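This file shows Transthyretin complexed with sulindac.
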Amino acid sequence: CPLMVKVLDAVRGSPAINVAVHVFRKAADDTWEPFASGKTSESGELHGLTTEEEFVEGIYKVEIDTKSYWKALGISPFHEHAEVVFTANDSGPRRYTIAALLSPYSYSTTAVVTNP
Amino acid sequence: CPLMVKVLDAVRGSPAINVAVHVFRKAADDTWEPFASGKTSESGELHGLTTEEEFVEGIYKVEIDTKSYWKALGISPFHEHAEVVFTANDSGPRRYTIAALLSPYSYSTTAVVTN
Amino acid sequence: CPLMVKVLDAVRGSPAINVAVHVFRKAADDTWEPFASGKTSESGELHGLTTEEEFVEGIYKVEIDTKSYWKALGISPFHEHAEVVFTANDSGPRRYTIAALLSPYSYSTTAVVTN
Amino acid sequence: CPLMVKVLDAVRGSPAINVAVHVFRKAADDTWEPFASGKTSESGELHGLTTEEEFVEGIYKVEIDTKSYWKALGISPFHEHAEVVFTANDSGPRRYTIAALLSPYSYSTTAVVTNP
Ligand SMILES: CC1=C(CC(=O)O)c2cc(F)ccc2/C1=C\c1ccc([S@](C)=O)cc1
Ligand SMILES: CC1=C(CC(=O)O)c2cc(F)ccc2/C1=C\c1ccc([S@](C)=O)cc1
């Protein structure tokens, strides 16, 4: 599994469950093409977005739909979403975990990049 | 000053100086329109981006060119840029400070909305 | 002002106001000696903790009473307090800003060391 | 496993390996008694610190030895260590993960608390 997302909720001290995530890849014409999407599980994790074969070199945007997550919990958050934009596989195949920590007016995102 | 940006460097423990920042507003057709830009000062701050007259309710994107910042320090970063997308509202508090803390493989962003 | 503290609230997007802060210096016997204290202002800041004459090289602990802050907002927090421990050095930059971002089950702290 | 530590390195985008961790518990006389210690593994994780039986109600301090970690990588960091202080098991047994993200002049710590 070459592309990982893991989301935590800094208000509840829990995984952030059912968080929608949309992945895009920059096309040759410089537009964002839809690449993959999904929702975090009970554990706050999202696996199986892509395969090594399909996950080629490129610039990727991981959109984490934070506003919808917070709204459902009765909180009016600041951000529309978190977007994490990065070049992937530009030195051969890697495994990426995008880790996000969510508060209503703040978020952090960290990448864990490993060589399999 | 309705909209300020402050950027800090978590590796050097300093303001992040000369970081390019580009602000966009979402247009009716859902495309991003350039709105304002600048570079952070020696205090890591960017002021005078817009005015209260111009800064109307709407969706905005603040783009922070973190990749160029790290490259100028000889450090290989993960992100192309940091991206902060939000709705500006007239209701609640109306001075917006977008704060950002930068590491090569991590960033955090916080909004300070005051009266 | 050799040592400043700024505290932000990540739930409300505001300065963290009236947060008690206690500063300690490590004594020769490795015990913590009270050094300075105060409460954050309406801007979430604490100034005038010490002077350049008094703020000598040594190990310091800045304790931020986050638990009481959350309790006053009716929110159940994880931590007893935030704890920031560091060596003050004369060599490098010498205005220290201890910045802290608070969530109920999370906090971040950053040091801004300037010239 | 009722007490978890997981540490990441925000400079290298990797787990923080061989990070020393010391756990203390507040005694009846208000002193910090040594409770458990260990080092993060290749995955940045530390397991097996304690057992449900030994992990009773109390106030705990998790000290993460960040300064030694950074020094070995040739970086002079700001903090001596991270200390995470919390009441545990004060409403019955829980499982705790203390998650830390490290930069030379900054750190964050989040708790993930689950009911088994
Ligand atoms: C070690 C670690 C993990 C691994 C895990 O949970 O399995 C993690 C996962 C997430 F989804 C979010 C954060 C973390 C984390 C540390 C951490 C990161 C950012 C912050 S922000 C900058 O306040 C604080 C702490
Ligand atoms: C109080 C505060 C300020 C205000 C200031 O210093 O002027 C600030 C400005 C920034 F550009 C970035 C962070 C902070 C901050 C606390 C803080 C925020 C995020 C993190 S991340 C999530 O580790 C950690 C600490």
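For reference, chains are lettered A, B, ... following the sequence lines as listed. Numbering, chain A: per the PDB entry, residues 10-125 in sequence. In chain B, numbers come from the PDB entry; the residues present are 10-124, in order. Residues 10-124, in that order, are what chain C shows, numbered as in the PDB entry. All residue numbers given for chain D refer to the PDB entry; the residues shown span 10-125 in order. In each ligand, atom 1 is the first atom listed, and ligand 1 is the first ligand listed. Below, each value reflects all heavy atoms present in this structure, side chains not excepted, and no hydrogens, waters or symmetry copies. The header says X-ray crystallography, 1.9 Å.
Under a 4.0 Å heavy-atom cut-off, the other chains found next to sulindac (ligand 1) are A, C, D.
One option in D/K15, D/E54, A/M13 has a heavy atom closer to atom 5 (C) of sulindac (ligand 1) than any other, and that option is D/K15. Taking 4.0 Å as the limit, the other ligands and ions near sulindac (ligand 1) are ligand 2 (sulindac). Every atom of sulindac (ligand 1) with a heavy atom of D/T119 under 4.0 Å away is listed here by number and element: 24 (C), 25 (C). Among A/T49, D/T49, D/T118, D/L110, the residue whose heavy atom sits closest to atom 18 (C) of sulindac (ligand 1) is D/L110.
Counting heavy atoms only, A/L17 comes closest to atom 6 (O) of sulindac (ligand 1) of the residues A/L17, A/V121, D/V121. Of the candidates B/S117, D/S117, A/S112, the one placing a heavy atom closest to atom 25 (C) of sulindac (ligand 1) is D/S117. Counting only non-hydrogen atoms, the residues of chain D annotated by UniProt as L-thyroxine-binding that lie closer than 4.0 Å to sulindac (ligand 1) amount to D/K15, D/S117. The atoms of sulindac (ligand 1) that sit less than 4.0 Å from any heavy atom of A/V16 are 11 (F). With a 4.0 Å heavy-atom cut-off, sulindac (ligand 1) is reached by no atom of A/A19. Residue contact check: A/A109 has heavy atoms under 4.0 Å from atoms 10 (C), 11 (F), 12 (C) of sulindac (ligand 1). Of the protein's heavy atoms, D/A108 CB, 3.7 Å lies nearest to atom 15 (C) of sulindac (ligand 1).
The set of residues with a heavy atom less than 4.0 Å from sulindac (ligand 1) is A/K15, A/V16, A/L17, A/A108, A/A109, A/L110, A/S117, C/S115, D/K15, D/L17, D/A108, D/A109, D/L110, D/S117, D/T119.
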